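Here, Taxol is shown bound to Tubulin beta-2B chain.
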Amino acid sequence: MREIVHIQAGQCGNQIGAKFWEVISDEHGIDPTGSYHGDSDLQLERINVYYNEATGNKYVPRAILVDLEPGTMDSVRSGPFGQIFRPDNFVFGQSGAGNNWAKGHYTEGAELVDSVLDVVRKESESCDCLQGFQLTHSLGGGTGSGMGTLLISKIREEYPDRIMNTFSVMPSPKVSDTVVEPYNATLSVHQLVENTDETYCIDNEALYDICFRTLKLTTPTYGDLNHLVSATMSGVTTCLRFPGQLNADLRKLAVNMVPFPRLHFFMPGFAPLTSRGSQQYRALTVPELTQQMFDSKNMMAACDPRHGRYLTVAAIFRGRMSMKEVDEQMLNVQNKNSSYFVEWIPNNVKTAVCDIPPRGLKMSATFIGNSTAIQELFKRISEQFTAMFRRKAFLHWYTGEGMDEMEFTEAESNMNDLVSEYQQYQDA
Amino acid sequence: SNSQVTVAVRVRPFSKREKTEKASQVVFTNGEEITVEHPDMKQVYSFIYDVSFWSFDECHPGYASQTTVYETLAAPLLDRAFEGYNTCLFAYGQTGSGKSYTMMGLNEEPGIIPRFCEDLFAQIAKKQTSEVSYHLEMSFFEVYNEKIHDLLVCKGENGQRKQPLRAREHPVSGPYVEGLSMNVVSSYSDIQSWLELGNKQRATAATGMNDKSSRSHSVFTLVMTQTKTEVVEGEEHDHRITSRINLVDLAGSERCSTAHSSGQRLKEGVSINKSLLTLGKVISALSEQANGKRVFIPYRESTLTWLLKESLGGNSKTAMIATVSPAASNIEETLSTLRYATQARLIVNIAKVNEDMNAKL
Amino acid sequence: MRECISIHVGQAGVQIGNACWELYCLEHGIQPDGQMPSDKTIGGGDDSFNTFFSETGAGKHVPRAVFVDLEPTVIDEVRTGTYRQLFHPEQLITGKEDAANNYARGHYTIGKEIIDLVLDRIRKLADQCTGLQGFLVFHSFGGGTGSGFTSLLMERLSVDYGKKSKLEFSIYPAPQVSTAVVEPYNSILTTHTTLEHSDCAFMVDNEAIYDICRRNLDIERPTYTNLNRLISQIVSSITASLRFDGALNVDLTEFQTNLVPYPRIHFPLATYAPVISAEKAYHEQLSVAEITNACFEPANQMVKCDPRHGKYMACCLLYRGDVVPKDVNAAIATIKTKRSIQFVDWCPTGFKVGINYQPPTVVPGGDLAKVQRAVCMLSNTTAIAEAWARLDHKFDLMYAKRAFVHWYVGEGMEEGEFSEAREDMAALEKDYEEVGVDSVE
Ligand SMILES: CC(=O)O[C@H]1C(=O)[C@@]2(C)[C@H]([C@H](OC(=O)c3ccccc3)[C@]3(O)C[C@H](OC(=O)[C@H](O)[C@@H](NC(=O)c4ccccc4)c4ccccc4)C(C)=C1C3(C)C)[C@]1(OC(C)=O)CO[C@@H]1C[C@@H]2O
Ligand SMILES: Nc1nc2c(ncn2[C@@H]2O[C@H](COP(=O)(O)OP(=O)(O)OP(=O)(O)O)[C@@H](O)[C@H]2O)c(=O)[nH]1
Ligand SMILES: Nc1nc2c(ncn2[C@@H]2O[C@H](COP(=O)(O)OP(=O)(O)O)[C@@H](O)[C@H]2O)c(=O)[nH]1
Ligand SMILES: Nc1ncnc2c1ncn2[C@@H]1O[C@H](COP(=O)(O)OP(=O)(O)O)[C@@H](O)[C@H]1O
Ligand SMILES: [Mg+2]
């Protein structure tokens, strides 16, 4: 069987993963004691994609946590679903990075990545056939970028043939929650695009717009944003855990959605999202979802697709539905909005279906899309970055931990070349 | 401000071991055009290249000996190297096609390299005056599973050791290798020693093809520095000139699938073929970059390209030659080369859309 | 004896085979547990035939088939459904990992370590068979397993066994619809080898069955289960001559004889009589003439390929149920009178005929109806050129930019194994253009 590890780094990852497990456990019917209390045998035919087994019919996740400095270690442990995690896997250190990519890549992370990779190996070699790895880290910050990219660069050396799938929170355009976002994000993208197969670029302003406009929520906290990102995380693997009429897996997405290797920066999405009152007036069918997926606002990535072209699209579905309706609607989209798709590929959409839906819904979906619009993000940084580099604003903190300007220029000229590789195909 | 490619080929003659078995010829030529007809007589593929070296029979006109290959391919690289431009030459052919007789040669019939180098030193000793000076450094490194290694270094008195050589992008001078040796050379008797010290440490292995099959790309750089500029109000050079020559040997596009390869030999044919694909993409991008079409040139997908962003592209001049065999037992081995070098299509059915008309006041 | 082997590959293969073996177990009065109360009551007859279901001593019955996917989620649904007790437990879940919708994995880097068990099982099933043989591979183009494993198995079965019939009842890709984007490359690479090592490959197109389902049976929201039952009925119409009795029987060798003129033009099309729903089962006679006219009526073809833009080179017609041959002859002559159905000059004979007295069956949970007669047509036409060239163009648009290759060179496929196949299909696009030319002195 196919199996996944879940590395979980930073103040976003160590908060996302708790929500992700508090979501999958509800799918596989696990309680925070690790025991099972479900109702369907399908939950345990293929539970081993994520969970291992303990002695007394308990189940424990293959979660690794890397920089749980006690403010977050305790926050997970003093929580509902914190008891199940393996304590030897709660790795941590002290004297954190402090919003510094270097302190999380060169100096402190180098002292701890050995201890982390030991847990990675000890968990992997228990698996029968590894399919890939995951990660959920923040960019612009220090540790989620540094330690995450370090672990990636070392894992892909040890385990090159396998998948590595980093679900990252990229910086926001307008409201920056950190003034060293561009340096760290650039230096991380310099190490992600080379040493990664697919990564899904989430952004927070788009999720805030999604939660304020579509769900009509007046008090959106971070846990409600993670509550979405987790749904996507689960919708990506429903084809791997549960059965359907046309299965799929992460390798299929990484094959069909990555025509060229460097163009593996994606825009995810998830249907149907609606308010608690406005669920009485919405018909739950396929075309409603398909409309709510290709909309510019369900985009979690903060990039209007209509400004560019979708090189490739993948749609995972969950529920007892048809295959003709799916194909018909996707063909209608390929034929109506022809300009928003590419010409040198005649079909730019694929499908995957699971015949077992989410616990409280009848039929959901998950969207992945590679576009030329995402370059906007890496254009913004390449305007934010260089202005800081000319007058060398936040530079001394990054030289003082063993770096140089040269590396930064490498990262800049690996971002801008990729922006050009995107912009090659959006004119005509 | 254009470029060229100048793809070419070379059809060897039968070896005696293959001439006594009465092996059937499968490669004919019509001047510029080349063709490949099976022994079964159901299909005939016909290709067209900018150059065609027909080395089958000494009686045929248009006989392309070693010196012909020199004067046709290598001397313009020599010229542009003097004119302050960087040059890059490639040699391709699967095992048995005799790349070595085309590049290096024999001690009675030379190849390209030594003719090129001796014309270099003769032109130097001709132009060598008190004002001008010429300084030459060299290097000979490889690529193996996308990792960089140096063949020129004498290996440490050690076990099996993979080297820490990694790439770095200077913002101006371009990409380079961190820690690569650069030895100086004056006469060819030294460069021969350096190359023969290099090749022995190369990555090779045995297969169904032969015991001697290369499994790592080779790059051989010659950096030439001209020092002529001298200031009149004082002894100072306003500028120097530097030209980078890069002669390159490629690995054969193994079909791992038909060789029942498994393990470390399967992790090479996957890297080799990747580098060849990126190289073909890059050259097919350059050939369009000569025709005014603005496109992207992915020098980043492969190290063999990333180290050559400056040489392959710009005010430079690439070059290629591809060795094939005319025997009817190496047909699928051969045609791939003929289909890998399909970068001589520059005026083949281009469309047309022009809007500028009668511009006036 | 008269026996066949049925192989299935991939999710498409298993999802066809489940319907097929459901139908077979329904026809012979078999229950899902291999047993027969019908023979226990009757006390005679070969009803659970030795052609598909072999026989142990306890009255049980065991299929002459296996299936492999490299994708356990399908077979493990057979090992937990209604039909877990029927099959031999050797359904090859070697699915420690999928074949990534690519041909390189299925043909070499994930087909290694799996195929040998399949050859062992095929030998074990062949040695149980004392006579006639023939393999029915149910696979799929575009997909990686259904392409790679099919190629790697057929090139080995042309080696070990050789002079037997091998028939591929595969799913062609639709030109507009498709559930993938790497479909054409894998399709072409499969064709490159299955033009040699196979003997006749019947094709279908899921868009065609979608149109057939909405237009005739009045089904707006189908599923693949509603299609695979039509396909099982196709196969049953093929095989009724071998299992059951009838006037004119057509053995597997005759299909590959009469419909394959030249060795490279063995890619025909198929159809049935699904103008037949339960409400419209009334209001219609369903004679032989009407169905023989319908089988050539476009929008009922199971491959979207307008034949009027091309020509027919051969046809076979296999009838079930109550048929009197003079009706068959009147029907065939009614087609030969028409001019919108062009034939080649060199096949004036045109048609093969097969008749079987057993009618079809009716799966409970079915969209079709009970009929006293039913038809299956299998035609070889030049029009499928238009069905190839589309996949020949999409390829040429994409391969020019060398997209989607790095995943395939990642698993041993060369850059130059593509053009070696594209030119093969260029030849096959010519050997459908020379066959449709009328001879001249
Ligand atoms: C009466 C009723 O149907 O309640 C629904 C509900 O009202 C709606 C609005 C639910 C509700 O979702 C939210 O309230 C919400 C809040 C913040 C951020 C995101 C969602 C619901 O909370 C969410 C919850 O959905 C699920 O439970 C899914 O299984 C989801 N899992 C969880 O939400 C979950 C969260 C914590 C712990 C355990 C499970 C899921 C689905 C697929 C993959 C991963 C997770 C459901 C059915 C509902 C409520 C409960 C109201 C919706 O949920 C989702 C993610 O699709 C919001 O839009 C759908 C449509 C549902 O109608
Ligand atoms: N007719 C029919 N076709 C199906 C069915 N299920 C899947 N397919 C076809 O299968 C194709 C998708 O690839 P598959 O053949 O399933 O490949 P696979 O079985 O998943 O094996 P891999 O390629 O290794 O993943 C599509 O073109 C579908 O048309 C089915 O139930 N009936
Ligand atoms: N979606 C989400 N983002 C978060 C959360 N917590 C922090 N972040 C983001 O993470 C970034 C800060 O990164 P941080 O983890 O503090 O840096 P690090 O400690 O060095 O890894 C900010 O831009 C936040 O938007 C969370 O709970 N949810
Ligand atoms: N133009 C030529 N005339 C005569 N012999 C040639 C010619 N080109 C190649 N050969 C023969 O080919 C042989 C070299 O093949 P080899 O170098 O082993 O293949 P590879 O270059 O792939 O290693 C030489 O021994 C040489 O005799
Ligand atoms: Mg599959």
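As listed: the chains are lettered in turn, A, B, ..., one for each sequence line. The numbers used for chain A are those of the PDB entry, and the residues that appear cover 1-428, in sequence. By the numbers in the PDB entry, the shown part of chain B spans 390-750. Chain C is numbered as in the PDB entry; shown residues: 1-441, in order. When a ligand or atom number is given, it counts from 1 through the structure's own listing order. Hydrogens, waters and symmetry mates are skipped; everything else that's a heavy atom, side chains included, is used.
Across the structure, Taxol can be traced to ligand 1. Heavy-atom contacts below 4.0 Å between Taxol and other chains occur for A.
According to the PDB, the organism given as the origin of chain A is Sus scrofa.
With a cut-off of 4.0 Å around Taxol, no other ligands or ions are picked up. Lab note: binding site of Taxol, heavy atoms under 4.0 Å, is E22(A), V23(A), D26(A), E27(A), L215(A), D224(A), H227(A), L228(A), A231(A), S234(A), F270(A), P272(A), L273(A), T274(A), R276(A), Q279(A), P358(A), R359(A), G360(A), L361(A).
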